[PDB]
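Before any comments, here is the structure.
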Amino acid sequence: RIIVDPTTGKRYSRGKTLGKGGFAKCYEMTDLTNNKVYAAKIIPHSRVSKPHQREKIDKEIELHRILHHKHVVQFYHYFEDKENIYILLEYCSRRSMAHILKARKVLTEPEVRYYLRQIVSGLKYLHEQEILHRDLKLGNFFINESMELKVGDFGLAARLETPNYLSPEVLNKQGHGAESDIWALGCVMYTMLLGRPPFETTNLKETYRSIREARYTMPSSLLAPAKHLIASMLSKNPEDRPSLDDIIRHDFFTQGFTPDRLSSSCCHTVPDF
Ligand SMILES: CC[C@@H]1C(=O)N(C)c2cnc(Nc3ccc(C(=O)NC4CCN(C)CC4)cc3OC)nc2N1C1CCCC1
């Protein structure tokens with residue numbers, strides 16, 4: 001199946017099905033210029049009828065376009081034909097962290113700070129570009145062949161003024177800031193090390209009081225530096241939370257081995273030491 005760009009020329013070849021978004025259908029797409037495979041969202045016009053989703057797809061593109069960073073999924077090109085919206089994105093062959101953590105359950109400390117270093121790197125560029133992610137989760141940390149991490153899915157992204165990790169300040173109807181991303185970051189780290197989030201992720205009104213409030217159990221299994229860092233990122237009030245610069249300079253990062261580079265065997269098997 002060859003896909004021609006009606007505006008510009010211009011030929012692409014679609015390969016294997018990668019999965020679903022949602023709500024989009026995803027495929028491999030080789031730019032024939034060029035000769036290179038991309039992970040691509042193929043969004044038919046048939047699901048984007050309401051003048052409500054059309055704006056949300058347009059926004060994601062608008063925001064993702066101008067992002068250029070080694071730990072941010074690279075936007076390549078978008079176009080559309082008769083059928084379908086085409087968003088061509090950086091191919092990450094090892095899928096995501098949600099995948100690897102399903103196989104592993106829990107990660108070792110050197111692995112955790114290997115992934116977090118890359119996340120904070122990507123999120124920092126994001127936050128300097130005045131853009132907020134608003135949907136940080138393991139499923140949105142894409143991993144390439146070289147075991148490198150890219151932050152992806154700017155579907156919920158917006159610039160400064162339903163997600164996995166609701167912050168207390170968002171639940172106090174004060175909207176989403178940069179510190180609300182740092183909230184998600186602590187949840188991410190907690191899950192990497194323990195394999196269950198610190199709070200319920202149902203987004204139901206019953207877990208709201210639980211996340212005001214920031215009441216959660218800190219397991220004994222966690223080492224002190226890991227414990228002290230998580231507690232900081234998950235502080236009740238947003239102002240008490242550490243800066244992104246503060247996070248990567250914490251004792252958790254300065255003490256301990258740490259790669260790069262990780263072997264991909266770490267996707268399924270637990271690494272030596
Ligand atoms: C474009 C959306 C998002 C994204 O933004 N980027 C950048 C991305 C970059 N790279 C990938 N890579 C792969 C993702 C999944 C698979 C895979 O194993 N899929 C299987 C196919 C056979 N099957 C029936 C079971 C599922 C392989 C990948 O590369 C080898 N996926 C990406 N996605 C995903 C696309 C579907 C949701 C998320």
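In this chain, numbering begins with 1 at the start of the sequence shown. Reckoned from all heavy atoms, side chains included, excluding hydrogens, waters and symmetry mates. Each ligand, and each atom within it, is numbered from 1 in the order the structure gives.
- Contact analysis gives the chain with most pairs under 4.5 Å to ligand 1 as the one UniProt calls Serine/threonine-protein kinase PLK2.
- The drug placed at ligand 1 in this model is BI 2536.
- The UniProt active-site residue of chain A having the smallest heavy-atom distance to BI 2536 (ligand 1), to 1 Å, is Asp135, 11 Å.
- The ATP-binding residues of chain A named by UniProt that have a heavy atom under 4.0 Å from BI 2536 (ligand 1) are exactly: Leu18, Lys20, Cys26, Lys41.
- Mapped onto UniProt domains, most residues of chain A near BI 2536 (ligand 1) sit in Protein kinase.
- Of all protein heavy atoms, the one lying nearest to atom 28 (C) of BI 2536 (ligand 1) is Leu18 CD2, 3.6 Å.
- Of the heavy atoms in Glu90, only backbone atoms (N, CA, C, O) come closer than 4.0 Å to BI 2536 (ligand 1).
- Heavy-atom proximity to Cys92, at under 4.0 Å, picks out these atoms of BI 2536 (ligand 1): 9 (C), 10 (N), 11 (C), 12 (N), 13 (C), 29 (O).
- Taking atom 8 (C) of BI 2536 (ligand 1) as the reference point, the nearest protein heavy-atom neighbour is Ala39 CB, 3.6 Å.
- The binding site of BI 2536 (ligand 1), defined by non-hydrogen atoms within 4.0 Å, is formed by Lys16, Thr17, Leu18, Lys20, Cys26, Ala39, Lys41, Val73, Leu89, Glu90, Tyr91, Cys92, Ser93, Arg95, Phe142.
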Distances only, to 0.1 Å: what are the N or O pairs between BI 2536 (ligand 1) and the protein that fall under 3.5 Å?
{"residue": "BI 2536 (ligand 1)", "atom": "10 (N)", "partner": "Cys92", "partner atom": "N", "Å": "3.1"}
{"residue": "BI 2536 (ligand 1)", "atom": "10 (N)", "partner": "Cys92", "partner atom": "O", "Å": "3.2"}
{"residue": "BI 2536 (ligand 1)", "atom": "12 (N)", "partner": "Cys92", "partner atom": "O", "Å": "2.9"}
{"residue": "BI 2536 (ligand 1)", "atom": "18 (O)", "partner": "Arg95", "partner atom": "NE", "Å": "3.4"}
{"residue": "BI 2536 (ligand 1)", "atom": "19 (N)", "partner": "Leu18", "partner atom": "O", "Å": "2.6"}

